[PDB]
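Inspection log for the structure reproduced underneath, given as structure tokens.
Quick note on labels: first sequence line is chain A, next is B, and so on, each numbered from 1. Both backbone and side-chain heavy atoms feed into the values below; hydrogens, waters and symmetry mates do not. Excerpt of entry shown; contacts counted in excerpt. Start at 1 and go down the list; that is how both ligands and their atoms are numbered. This deposition comes from X-ray crystallography, 2.7 Å.
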Amino acid sequence: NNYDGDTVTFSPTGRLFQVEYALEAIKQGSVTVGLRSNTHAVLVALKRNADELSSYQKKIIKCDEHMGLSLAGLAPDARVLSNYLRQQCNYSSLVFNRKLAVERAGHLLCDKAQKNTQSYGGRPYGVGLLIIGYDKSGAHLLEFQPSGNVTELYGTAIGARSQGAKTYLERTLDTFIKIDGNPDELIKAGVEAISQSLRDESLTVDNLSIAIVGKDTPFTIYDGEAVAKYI
Amino acid sequence: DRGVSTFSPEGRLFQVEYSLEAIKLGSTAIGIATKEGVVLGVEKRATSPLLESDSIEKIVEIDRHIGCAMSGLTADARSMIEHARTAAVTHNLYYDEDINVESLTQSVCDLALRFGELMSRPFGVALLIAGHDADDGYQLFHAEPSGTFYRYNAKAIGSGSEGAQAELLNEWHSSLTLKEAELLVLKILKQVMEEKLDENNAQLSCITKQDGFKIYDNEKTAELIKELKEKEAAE
Amino acid sequence: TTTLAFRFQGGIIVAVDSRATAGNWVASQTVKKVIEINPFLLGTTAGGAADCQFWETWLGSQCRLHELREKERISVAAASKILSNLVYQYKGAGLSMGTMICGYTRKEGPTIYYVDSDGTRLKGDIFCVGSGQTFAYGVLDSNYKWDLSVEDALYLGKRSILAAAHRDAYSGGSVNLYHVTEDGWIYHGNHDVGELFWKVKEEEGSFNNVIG
Amino acid sequence: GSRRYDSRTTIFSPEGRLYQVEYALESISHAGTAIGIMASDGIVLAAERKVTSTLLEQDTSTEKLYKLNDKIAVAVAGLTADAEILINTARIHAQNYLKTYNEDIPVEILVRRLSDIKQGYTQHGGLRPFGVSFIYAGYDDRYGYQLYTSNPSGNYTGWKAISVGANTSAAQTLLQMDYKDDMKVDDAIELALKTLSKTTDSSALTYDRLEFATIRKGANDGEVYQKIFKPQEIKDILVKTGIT
Amino acid sequence: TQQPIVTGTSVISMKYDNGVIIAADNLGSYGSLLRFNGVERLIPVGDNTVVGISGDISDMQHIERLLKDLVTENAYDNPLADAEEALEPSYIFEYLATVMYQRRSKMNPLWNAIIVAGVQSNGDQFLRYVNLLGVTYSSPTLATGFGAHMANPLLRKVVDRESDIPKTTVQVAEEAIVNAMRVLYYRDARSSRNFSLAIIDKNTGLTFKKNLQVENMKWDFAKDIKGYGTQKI
Amino acid sequence: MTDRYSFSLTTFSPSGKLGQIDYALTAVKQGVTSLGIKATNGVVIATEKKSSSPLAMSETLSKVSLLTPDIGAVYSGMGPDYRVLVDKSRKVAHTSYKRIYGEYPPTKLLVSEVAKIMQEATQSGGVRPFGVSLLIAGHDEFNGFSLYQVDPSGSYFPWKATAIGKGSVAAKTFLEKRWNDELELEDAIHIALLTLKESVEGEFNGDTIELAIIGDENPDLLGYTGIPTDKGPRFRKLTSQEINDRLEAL
Amino acid sequence: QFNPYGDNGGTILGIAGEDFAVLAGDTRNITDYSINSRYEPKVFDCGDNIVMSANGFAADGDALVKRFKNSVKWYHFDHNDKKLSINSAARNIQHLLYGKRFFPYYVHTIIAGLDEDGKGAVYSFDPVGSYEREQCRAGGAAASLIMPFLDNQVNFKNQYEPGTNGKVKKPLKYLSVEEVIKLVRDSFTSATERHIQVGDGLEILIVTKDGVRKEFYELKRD
Amino acid sequence: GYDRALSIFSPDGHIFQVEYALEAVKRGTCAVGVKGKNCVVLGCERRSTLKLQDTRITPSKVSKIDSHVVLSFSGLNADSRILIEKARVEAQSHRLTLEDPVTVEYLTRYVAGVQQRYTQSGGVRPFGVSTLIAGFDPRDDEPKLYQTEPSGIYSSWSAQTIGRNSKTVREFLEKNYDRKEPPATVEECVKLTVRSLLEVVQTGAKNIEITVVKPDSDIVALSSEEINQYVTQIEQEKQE
Ligand SMILES: *[C@@](C)(CO)[C@](*)(O)[C@H](CC(C)C)NC(=O)[C@H](Cc1ccccc1)NC(=O)[C@H](CC(C)C)NC(=O)[C@H](CCc1ccccc1)NC(=O)CN1CCOCC1
Ligand SMILES: [Mg+2]
């Protein structure tokens, strides 16, 4: 009310309203789902269009050969944060000849988002990210929120009506976690998960967006006729 | 007052949303993409009859293979075009090749959110970026001050945008010829324009792989206007 | 290097050799020393290879930006001055460039500008630049007239490079010919000295110093 | 942050006026009146000191009339402290010109640069404008004797006779009435004092409440002399014109 | 622009079937003066890497601090710091190689020659060299300073190419290293008798040996040598 | 972080007033009375030492300050603001004059430099005006003795005699009756003590009154001998005993 | 005074065929009269069917290759996974080299691959970025020994048709991958014989539309 | 540095600071530009509440940017000096690098760009000025007349007016100016310009300034008597 003019102001109950309003931008964004087994990690994203004449907004971005994310909210902010991740992944490779740990990737994003919530003039990032990756400790899935809070999970979902997919994954936890050495079945589980967040619309060929990374699988994105298999 | 980079309770940037209102006040611009080329057309909208309409430059070349049409606070587009031209030429210098239309649009959209308390406010102009490259062929992009860009088969921006867009929804199909697209832009422009459409208050342009980006003469457009009127009366 | 360009009745002739050296080591015999800036502008390159090629490709980008911004092809004067002002900023840093900006525009007509790395910029009708410039001057000056035909002018330019290619140790390989008219530049072929020398010797009856 | 406390000194009103410039002019309108009158053979500068106290040291005092160089002087109306900042800048600018060209600075050039500084404070920087209006009186070999005025807006104009500060409306009407083009310095001296004498808010105009200066070619052959009047010299000129 | 003051001489090393061996004497020379005798020039990083450093000792101590700090930084927010996300020899080397080349590029080098010896997580032997110029190379045997001239020839007789590595045991490999250290004591004027030796094995791990001495030396023949040509007494 | 206050905190109001300067003058009005009187052969400056507590040692707090050997200063208003101004005033006398001309500045020019500092606090970003009015008494070879007042606006006026602060209105009236152009220094000191007794309420003695003069050169206070041209400081602070001697013949 | 440059010796060689291209280089690394490594590769697969080698001062050579490899990576990120053509790579490398015009990379760079018509391509660079496409180029310590041999055997220079009175030149033709590898091996054995900094081993990288293949051969170790 | 974003968008999509800068232009004295067949004429109003002025030294309303281009304006006088100075510097800079004087379009584009930059730069307010830029391109005889405004938009005009009561004089020009046949001579062009100002000015004494620009750097300012002759001629023809 009087305490939402900027990010540098606390409310009387100890809330940061600008951070909460940034969180609201994610809820308006299109749904995206993340899940993993022990061998592979999968991102599934429902892309959104302006109208029938327009293209479908790309939700998934590659960060390295072993890491990438899906976005929900302000796309330009995802571009800034993904670019930062690309550089940090790259710095780790050039300097230490070392693939950046997915956990460190989360720590770096947390700290970058935080600085924007404590200083005058700047604003919080208006996007949520689901980072997947395969590093020296196996498959990983992270959930980034622009408050700074990063959380490692077996599966999750963010965006509009994400609660449907998140409930499904909470039921399916014991099943999909053990889908080891089988990419297509882990994707199927993700596609069935995102389907629990659909209303009136269904998954079409230029609507669905899937990405996968794993043990002997570099981070690759599937769009167009390549996802027709999973409909 | 309040911060420039402030979020509303709904989760939108106030200044970005207000700049979108400025674009709605602007003159109409329409773009249509085909397999034979991309057509760009604009409403000039002279504020007075004494104003020499040929000096109204709302369609602009970025490179030989990329063209651009604008709508809104058109003065703000000058630094955007300057950046686009430099980005295009610079990439040719670094890589001895034409730059992808998408990559060019992305470079322009990176300027968009570089405002706050960098420039003092967002741009008050929307752009239709049309071009061709070897990979993705003929393309049409709509670049907003939010930093977002969508590819379009056809798109209208400006004051008559929502009425024109609904018309483009019905008329567009994947087998449109270049000549058919040219007439379609003129047709839809004449429908949404306040004053009566002619060669002096409206301008056409296109981009083809063979001849590159070309702004049409007032003589050429006048014949297309005459061809358009005859075809509508013919049934 | 040996490069020349001269102005005459029928426009501009531009001729260059194709050798590149690193000391006495002949590093290449097939270097392109004429840079096509646009259909109406040419630039020649003598001196440091990288310096000339890098900054003249850059010059082409600056000339392209001019015609985008101004909706008009850049003048030969303005193009040459962009390059001369650039190298002048680097004066003392050790750039090595001996170039000639040749072209046609409506307002100027056929025009040649000599531009070098110590900031010198000169408009003129005849210039020869490079380690073998003096050898080219000797033949060019002694046979030059304004009323030369396009055929004779092309040959003189070719013959002048050949003369320098023969005598100058740091020039040779092949001759690249260009002709600049009101309609733009026209390429007149690559001419290997290996065959061109003996062809000229026999037909012309010149080069009597050499064992036939 | 600090946005909360920003007055925004360099913005337009809905009517297209600069708030701070307008309010600075309102401030200047309460300052002691200063009058400039340009004659064919010289210039007069007359100014009224702000409500003087009897224990004020009058002879070793400078409030209104300042010297910029040997050929140019100014009369001040507004905040004195603000005026001194601008005066030192103007003095430096004149010396830079002399150092560069080996010639004394033309009057307009000095006036323009000082007026450009004021303009800057209205368009950028977020600072308050200088609450000062100058009357420039000077001479150069191009235009001869010149009178200018500048105000917080940074706008300057040339004059034959002008007033700044308090009661300019009444003062300008009186100058416009009695001024004529073929006027001499001694006549202009009389006009300047008579105008102040009628427009003054004080009971009676006296020597101790005035500053006076002339810029004549009254020196020996083709050269200009600046005369900043002493207290006794003002007392004499006031008696000579029959005001006291 | 520098000049080295207190200096360390040769660092020698080689690969064997299950790991790597590295050695360096304990001397800190001050020109011709053999100033400091208790200098350790082999610095372990974790339980799987040893960095051997020659050249300027002040810069060596700086590099020690960097490696020490690298271990600390790696442990931050890292539950697997003593497991999968522990520091590898290749990570440690690439870091040093980056620093060395950055410093030479700023015309202010770390005046050192460095050999990073260790065993990777997958069991592979790691042995790579880097110096003040940022020049890097790898070989079955590596040595710095006089070691390059005198040790390498002797160590290459044992492991001349890649295929000789599985055929070389830790006993044979250590014997060659210890022999090389003796030869260097005979012939290098800025060497000492006392040295340290480190073995990084993929099975038995890191074995760090301190206070070794060159022994079994041949000096007896000296008594027979008289004069410089014609002298008989 | 960083100073984001790059804008003026003093601005013109619709009526043409500069609020912060007016309010600064109001703070000076609340301040304790101080005064200055110029004689033919000297200047005197004086003020009351308002003690915050009887446990406090009022000798440690100096309201009258030496700026140069021939210039002194006193104030009315906010003490801390005055203290830092004296520090800056002393430094600027060296940096902008003595290090250039090899001699101390004349009174009017040092006053001009102090006025400049106070003017900048009226216009510069993120600062308030100084809440003090200064009285600066001094001597120099070509101008002789002089007395100046400096206000929060940066405006300065030369005075024959004046007063500032709490009871300045009554004190100025008192000085108008007593002042003439033939006053000797001792007569000016006597008038200063009479004028100050009117505004002081409690104890009136050498311990509660602070008083200094700009008069004859003091070779005994120089600290060295051997250079004839160096004759010693004209600024002298009167002792507690010296004041009480003049209070008996009052 | 500190000298920031060094000479790591070695030599490299690029030959272009009709539908293939090879980039060869010896594996010896040296300083002064000492051998640092008998097998230290300096010919690298950089992705997008581009092979690269930067011979001379190894530290600068590694830095450059490292930077170009990184340039290829960011080219994909910024331009929708577009394949970097050999001509575009060459121009990019010019800017890398000329970027340090006043503190150069002391290396002779050669890249090889296929052009956009599917034909073999070899580009060569001087230390400060001057580049040229050729059928043939040798670089490094033994370049002066190998290059004239290549002129004769690859481009058929100074070779005329027998019995034509030195009037008809030997006609240019593309060489098979088998014939090219023969010339590479003979070039390196000859260079090994007469140049001290060349020997130990030879590593060839062959580039066809199918991908990047490797071949290794022993060289004399003296 | 002072960073505040003074020019910003409002809910209805307007930048009020730019629009309030237009109000300052509307307050300014009237300025008019009319281009003929072989010339351009810049007319300017001078308010007559200022007597006792010195017209020798008072800044003229029309300013030369180069020997071939001129700039008049309406709005804040102090602001106009900054634009004129920048334009004059750019004019010399262009001659230095391109070895050719600026075109009228280029000079206008530059000035317009400066005005635009002040609409989205922190710590600055827009210029309260609209300009009329007129002249002839080098080695060209086609007349050029451009207009700029605080927002930064610029455009070419056959004839145009700006400042106070400009909507009245624009109304006059719109019916009196023929595109098919512009003022054939200098006299015809000046007369139409004076006529248009006489709809608004008051008296045709020392209130109207006229400046005529012709090809090849031929610029001259008319005196009082010369202008007064046009005023006398127009009034006699009016009484009919
Ligand atoms: C005639 C042929 C006489 O030079 C012409 O002037 C030609 C002009 C053409 C090539 C555009 N100029 C040259 O051939 C020019 C001569 C020269 C050499 C050095 C400095 C200035 C001028 N040659 C070059 O520029 C060569 C071109 C190579 C062979 C493709 N380049 C070099 O010599 C390079 C880079 C020189 C350099 C410049 C600035 C900073 C650092 C280096 N140098 C080497 O390759 C060194 N060397 C070659 C032998 O092998 C060991 C390394
Ligand atoms: Mg050999």
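- The macromolecule with the greatest number of heavy-atom pairs within 4.5 Å of ligand 1 is, in UniProt, named Proteasome subunit beta type-5.
- Lab note: drug at ligand 1 identified as carfilzomib (bound form).
- Other chains with one or more heavy atoms under 4.0 Å from any atom of carfilzomib (bound form, ligand 1): C, G.
- PDB entry name of chain G: Proteasome subunit beta type-6.
- Residues of chain C that UniProt gives as binding bortezomib and that have a heavy atom less than 4.0 Å from carfilzomib (bound form, ligand 1): C/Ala49.
- Rounded to 1 Å on heavy atoms, the UniProt active-site residue in chain C nearest carfilzomib (bound form, ligand 1) is C/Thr1, 1 Å.
- Examination of the model shows the covalent partner of carfilzomib (bound form, ligand 1) to be C/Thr1 OG1.
- Heavy atoms within 4.0 Å of carfilzomib (bound form, ligand 1) belong to C/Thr1, C/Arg19, C/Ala20, C/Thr21, C/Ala22, C/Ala27, C/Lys33, C/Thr45, C/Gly47, C/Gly48, C/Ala49, C/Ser131, C/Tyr170, G/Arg101, G/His108, G/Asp126, G/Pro127, G/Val128.
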